[PDB]
Each structure stands twice: as C-alpha cells, then as structure tokens.
Engineer: 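Have a look at this one.
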Amino acid sequence: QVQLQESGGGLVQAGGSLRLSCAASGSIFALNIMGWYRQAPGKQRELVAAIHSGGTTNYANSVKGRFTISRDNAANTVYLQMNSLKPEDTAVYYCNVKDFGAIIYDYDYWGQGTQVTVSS
Amino acid sequence: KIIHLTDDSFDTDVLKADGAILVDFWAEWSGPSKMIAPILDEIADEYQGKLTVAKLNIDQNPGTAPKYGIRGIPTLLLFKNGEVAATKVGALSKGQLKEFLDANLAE
Amino acid sequence: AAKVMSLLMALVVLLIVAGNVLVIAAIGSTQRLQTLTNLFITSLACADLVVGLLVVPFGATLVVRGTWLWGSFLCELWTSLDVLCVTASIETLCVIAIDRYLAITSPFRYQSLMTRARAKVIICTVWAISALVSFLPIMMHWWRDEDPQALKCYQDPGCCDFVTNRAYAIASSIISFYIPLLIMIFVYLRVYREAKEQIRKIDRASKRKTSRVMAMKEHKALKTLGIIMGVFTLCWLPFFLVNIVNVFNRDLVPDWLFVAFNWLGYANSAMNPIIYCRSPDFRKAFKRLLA
Ligand SMILES: CCCCCCCCCC(=O)N(CCO)C[C@@H](O)[C@@H](O)[C@@H](O)[C@@H](O)CO
Ligand SMILES: CCCCCCCCCC(=O)N(CCO)C[C@@H](O)[C@@H](O)[C@@H](O)[C@@H](O)CO
Ligand SMILES: CCCCCCCCCC(=O)N(CCO)C[C@@H](O)[C@@H](O)[C@@H](O)[C@@H](O)CO
Ligand SMILES: CCCCCCCCCC(=O)N(CCO)C[C@@H](O)[C@@H](O)[C@@H](O)[C@@H](O)CO
Ligand SMILES: C[C@H](CCc1ccc(O)cc1)NCCc1ccc(O)c(O)c1
Ligand code: NA
C-alpha cells in the first residue's frame, strides 16, 4: 500500500520559515510528480508547487521567489522550503503523488494534510 | 467400412450416393499413396455415420482420374451431392486430416 | 467451420459497436473524462465505431455470399470508407503514444505546449490525411491497376476485390501503418529508456547503500507497454506485410489468408476500448452508464 506522511507544519511568525516534508512509503513508478497543494479556509484547493522525477518544477505565482520544492534523490520524499511566510499562506497543505505507471492514465495519491498557520 | 470403387461404379457409389463421400486416388506404385491407407482405415471407424471413405485404384481404373484433373497422388476429394466441395493432394498425418474433415463436415 | 466463421463475425461487430459506443458515451456524459488525452481517445473511438457499423458488416456479407450485392459505386465507397477508418484509427494510436509520452516525461512543458485547440488541429489533420489517402485516390480511380485481370474486377459489379497498383499499396500502407508503427516504437522506447535512466539516477543517489529492483508499478507499466505494442502489431502487421507482398509476387499468398489477416485488423477496433479506457474514472462512468 502507498502512504504519504506529512511533517514540518505548524504555527510560525510572519516573515519566518517552515520546511514541509512528505515521505511516500509504497510502490511508485519511476516516472512521477510529487507536489504540494493547499486549501485556505473557505477557498478551493490550489497547486503550491510540484517537481517531476526528471527534476523539472512548477510553482504558483503567489509563492514564486519564496517557496522551493526539491526531492530526495534516493527516497520517495519531497520537501517544500517555505520562506518569507505571510498570513495569506495559512492553509491545510496536502502532499500529492501522480503515478504514471499505467501509461495511458495517471493514478493519484493524496496525503491526509498538515496545518500551517502564519500569524501577523 | 470402405467402399472400393471401379470406373463404372463411380457414378452410383459417389455421384448418386447419399451423404459426404471422401474419395481417395491411390496406386500400388506410390509410396505417398500407401502412407494414407492405414490412416483412412482409422477415419472410416472414427467418422462412421458422418462420412463414407471411398478408395479408387488409379492403375486398375485409369478412366476416372483425368475427368477431375488429378495431377499428383494421393488426392483426397470430398464429395457432397455429386459436387466437389474440397480437395487435398499429398500425404498427411492423422491430425492434419482430421482438421480438414472436421472443418469441412461442420459446413 | 463456416458456421463457426459466421458466428465469429457477429461477435466481432457486437464487441466493436458495444465497446466504442460505451467509450464515447462515457466521455461525452462525464465532465471528469473530458481531458486532452481522451480527446484523442474520442477520435479513435469514432474511427473504430464506423468500422463496426459500416465497414465490417458490408465485409461480412462478401464472405457469406461470395459476391458484392450493392453495385460498383457502393463498392468504391465502402473501400474508401475502410481505408479512411483504418488509417484514422492507427494514426490516432500513434498520436496517443506521443501524447502520453510528453505527459509522462515532460508534463509541465506538455501543459503549455499542447492545448485543446492544438489537439483539434492534430485530430483534424489525422482525418484529413485518412481522407486524402482513401477517398481521393479510390473515387478518382488513382488506386486502379492497369493489369487486364484486375481490370475485369473493376468492370464486374459483383467483384469488389482489393486490387491496387504498386504505388498506391506501398504509399497507403506506409501512411496508414508503417510510419505510425515506427513513431509508436520510437516514442514508447523513449518512455522505457526514460524510466530505466531515472532508476539509474536513483541508484547513483543512494551512495552505494541501495540498488533498485522492478517494483509492482514497473512490472505493470511494462505489461501495459507490451499489450499496447503487442495487440496493435499482432492485429495489423500480418495484413500490411501481405498487402505490400501482393504488389510484387501476386500468387505467393492466397486470397482467403489476405482477407483473414484483414479481419484480424478489424479485431483491433474491438480491442482498443479495453486497452485505452481502463482509468478509474472510465471504470466509474461505465458502471454509471450500465444502470
Ligand atoms: C502520418 C501521420 C502522423 C501523425 C499525425 C501528425 C499530424 C499533426 C501535425 C500538426 O498538426 N502539428 C505539428 C505538431 O508537431 C501541429 C502544429 O502544426 C501546430 O503548431 C499548429 O497547428 C498550431 O498550433 C500553430 O499555432
Ligand atoms: C524521408 C522519406 C523518404 C524516404 C526515402 C525513400 C527513398 C527510396 C525511394 C524509393 O524507394 N523508390 C524511388 C523510385 O520509385 C522506389 C524504388 O526504390 C522502387 O520501389 C521502384 O523502382 C519500383 O518499385 C517500381 O516498380
Ligand atoms: C494535411 C496534409 C495533407 C497531405 C496530403 C497528401 C498526402 C500524401 C500524398 C498522398 O496522398 N499519397 C502519396 C503520394 O504518392 C498517397 C496517394 O495519394 C498516392 O500514392 C496515389 O495517388 C498513387 O499511388 C496513385 O498512383
Ligand atoms: C513484466 C513483463 C512485462 C512485459 C514485457 C514487455 C513485453 C514485450 C514487448 C514487446 O517487445 N513486443 C510486444 C510483444 O509482447 C514486441 C514489440 O516491441 C515490437 O518489437 C514488435 O511489435 C515489432 O514487430 C515491431 O516491428
Ligand atoms: C477495402 C478492403 C476490404 C478487404 C475485405 C475483403 C473482404 C472482406 O470480407 C472483408 C474485407 N480493405 C482494405 C484495408 C486497407 C486499409 C488501409 C490501407 O492503407 C490499405 O492498403 C488497405
Ligand atoms: Na467492381
């Protein structure tokens, strides 16, 4: 069974920094995307940042220049280094894995989520 | 169970005969034509009621074979209602022959 | 045996129409299924559906009766419709391979690069090429051989054999099958290479602590790649090989085999829904559609 374990979230002062970390334990296809999504209270889920197995990345405009996504070269673990935090970034952050193992379609795995609250 | 054909009997035994008749054109001088003799004897018992195996010695009856254009031997012509439904020339194994007969008899 | 042969045509048509109708229904009815890839899948299903409704039925009769009952014009048209639908089907399989290759290996570049408007152009192109290789040459008599025995079949309205000049059978086979095949081999090979090359980089990372082996997901992906290339090639390679062979040594291959290899190709049209619509969203939509 595939499972995604989220850590590194919590309370933090505005202007500060966190480092999220999602460790995927299970069978994943070599070709995949590991990513972070978030859902602010009373808003829809949005992509924060994502990194492909190859190394190419994709970031939302709100977090560009601040957040940095990187993955463990050995293990199935993906890190989001969040700097210059603002109260706007307060949301439940979810870890996502897109597995390309079926070729024709992608299978999705989602984490339970971890809370990040930034106070002014 | 096998009918042994002549020139004159060919019209009554094969052309006017009821059911599917498998005719064999054999000769005492052809080693290929002998290889089918024991396998046709087994086919007469195993396909009893489903067809009739008939044999014709092309040496003793030279008249029949030119009429249908028999080049080589052994030639196996499968007859139905006095018409030639299918044709096979050369020696076969039992498994090859059963596939030909079992395919052609199921219409 | 010919009793069994007729029963076998009936199920072929049933599977093709059932399957492909079910796919188009699923996609058209479900907002979740209306993706970019499934746009190409929709093109494929249209092509295979027209194979089952028109091409194969008119085909099935020509085997049963042993003659063309609908006159020289509908022969010409049916021939053009066959060539079109087969060319569109196979060329669309080739586009799906490219599509999934980009989406798996360069997903972020792919999203900006491939739009819905761009995919429509790709699809429209595929059908325009199918049309120009089928209807244009067959209706305008460009496909015609000069040979007198061939010219006897063109004059007989009961004859609807597929007899072509050299140029057309070569060109049509290359455009409908060989170029698509080559692209499919090259593309899906780069997926295998990319996946193997990525596993290589993971082993370089571990500082000699672990060596990766093939997991559940890697065996399954390789089976999928097998079924994709296997069933496509098994179904259409025999016929399209023989189709070029006929243009040179005409006697070598019998007519009953040639036609039987063409029937094997029509079988691929029933196989495609099973291969390319296994997604969990497809599986849900199909249950929802069948009450
Ligand atoms: C033997 C059949 C081989 C498979 C079918 C391929 C044909 C499709 C080719 C095609 O249409 N394009 C080439 C893409 O590589 C798309 C481009 O022409 C595209 O740039 C334009 O359509 C516009 O997007 C310009 O804004
Ligand atoms: C980059 C894509 C173009 C690929 C390059 C293909 C080059 C070969 C061109 C070619 O093969 N022929 C050129 C001349 O037609 C056909 C001949 O080799 C031969 O088949 C004919 O002479 C006879 O079949 C005619 O009876
Ligand atoms: C959207 C891009 C549209 C491109 C449309 C042209 C398609 C490629 C050219 C072509 O159609 N053929 C190859 C050219 O030979 C196939 C046949 O048209 C041709 O082979 C036959 O007419 C001859 O074999 C008859 O003697
Ligand atoms: C866990 C095990 C998973 C299966 C391993 C892969 C199965 C074998 C895949 C395969 O190589 N082919 C399909 C056969 O299954 C043959 C094709 O790759 C290709 O070589 C032919 O289509 C050629 O004729 C093209 O000209
Ligand atoms: C029209 C023809 C019908 C053959 C046929 C004949 C009898 C049948 O019972 C069923 C099918 N099929 C041609 C398939 C084809 C399709 C695309 C090509 O480029 C090509 O050269 C040939
Ligand atoms: Na004709």
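Chain letters: A, B, ..., in sequence-line order. Numbers in chain A come straight from the PDB entry, and the residues shown are 1-120, in order. Numbers in chain B track the PDB entry; the residues on display, in order, are 3-109. So for chain C, numbering is the PDB entry's, and the shown residues are 40-243, 272-358, in order. Below, each value reflects all heavy atoms present in this structure, side chains not excepted, and no hydrogens, waters or symmetry copies. All ligand and atom numbering here is 1-based and tracks the order in the structure.
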Engineer: Specify the drug or drug candidate at ligand 5.
Structural biologist: dobutamine
Engineer: I keep wondering which chain grabs dobutamine the most here. What name does the PDB entry give it?
Structural biologist: Beta-1 adrenergic receptor
Engineer: Which other chains lie near dobutamine, in the sense of having some heavy atom under 4.0 Å away?
Structural biologist: C
Engineer: List the residues forming the binding site of dobutamine, heavy atoms under 4.0 Å.
Structural biologist: C/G98, C/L101, C/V102, C/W117, C/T118, C/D121, C/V122, C/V125, C/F201, C/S211, C/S215, C/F306, C/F307, C/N310, C/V326, C/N329, C/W330, C/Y333
Engineer: What organism is given for chain C in the entry?
Structural biologist: Meleagris gallopavo
Engineer: Which transmembrane segments of chain C have some heavy atom under 4.0 Å from dobutamine, with segments numbered from the N terminus following UniProt?
Structural biologist: 2, 3, 5, 6, 7
Engineer: Give the residues of chain C annotated by UniProt as cyanopindolol-binding that have any non-hydrogen atom less than 4.0 Å from dobutamine.
Structural biologist: C/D121, C/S211, C/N329
